[PDB]
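Count residues from 1 along the sequence. If you're wondering, the header gives X-ray crystallography, 2.0 Å. In listed order, ligands and their atoms are each counted from 1. FYI, side chains are in, hydrogens and waters are out, and symmetry mates aren't considered; it's all heavy atoms of this structure.
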Amino acid sequence: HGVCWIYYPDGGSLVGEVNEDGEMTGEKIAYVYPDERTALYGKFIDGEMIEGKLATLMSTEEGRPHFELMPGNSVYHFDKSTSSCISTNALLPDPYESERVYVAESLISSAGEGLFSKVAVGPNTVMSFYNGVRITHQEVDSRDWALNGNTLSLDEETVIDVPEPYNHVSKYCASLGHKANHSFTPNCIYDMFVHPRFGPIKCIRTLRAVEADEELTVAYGXXXXXXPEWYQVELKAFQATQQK
Ligand SMILES: C[S@@+](CC[C@H](N)C(=O)[O-])C[C@H]1O[C@@H](n2cnc3c(N)ncnc32)[C@H](O)[C@@H]1O
Ligand SMILES: CN1CCC(=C2c3ccccc3C=Cc3ccccc32)CC1
């Protein structure tokens, strides 16, 4: 009857008063990120973000949230990608992600850029979002493997991709999950995420506590889709660690 909270398994949530029809519709609805603190507050229709302004969940009293707007004019809307359009605002960063990760040269030799944590956080922490264009498994599997570096399977029907030129931060920085390099001793995994802006995508989630400026890596693996040695090299070394 009063305030409804809808939690997703990823730890994010929708919160506000429902309308006469029991829908999350109004001007005082919020999406709350998995930190249970960073929030997008404002106009939602049936749970879908029309105009969310950056906010902080300051306190909750008997399930009733108290939000304060952040300074400035950061505004967001449900903006699900398509087969060809990655975003209506490719250069508008995600504010939760901006506080937790950054891109820099990978510490892995000859591995291009990598993703690094800004913060010390514990296990199972959502750090970053893997948004991209949505394409079929047929398109990915039927093309040259060298076009599939940024592909990540979403579900039975869809593969997410971050194709050129969006693989460059100067062209696309709305999410950064695609900047995480591979490792066989990763500190992170890809995981399902339901994002108020990007819709259903995947996220990067730590497997264990990480330190500030630690590089974030994920096991990509185990044969690449479509149609490398750096994989083969580390695979062997990883194997050796298991025996005399
Ligand atoms: C999903 S992107 C990761 C970000 C990428 N390094 C960049 O600069 O945009 C995957 C690509 O990064 C490189 N890469 C990822 N892991 C690597 C590794 N362990 N060693 C060498 N290169 C790696 C490969 O070129 C791969 O195609
Ligand atoms: C985030 N995504 C990156 C690409 C990826 C690959 C891949 C694609 C092209 C070239 C190399 C790789 C490396 C490992 C891999 C292994 C198994 C399935 C997919 C992948 C899966 C994870």
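- Matching the molecule at ligand 2 against tanaproget, hydroxyfasudil, cyproheptadine, thiamphenicol, artemether gives cyproheptadine.
- Measured by close contacts, the chief partner of cyproheptadine is listed under UniProt as Histone-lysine N-methyltransferase SETD7.
- The contact region for cyproheptadine on chain A lies mostly in UniProt domain SET.
- Binding site of cyproheptadine at 4.0 Å, heavy atoms: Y130, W145, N148, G149, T151, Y190, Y220, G221, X223, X224, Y231.
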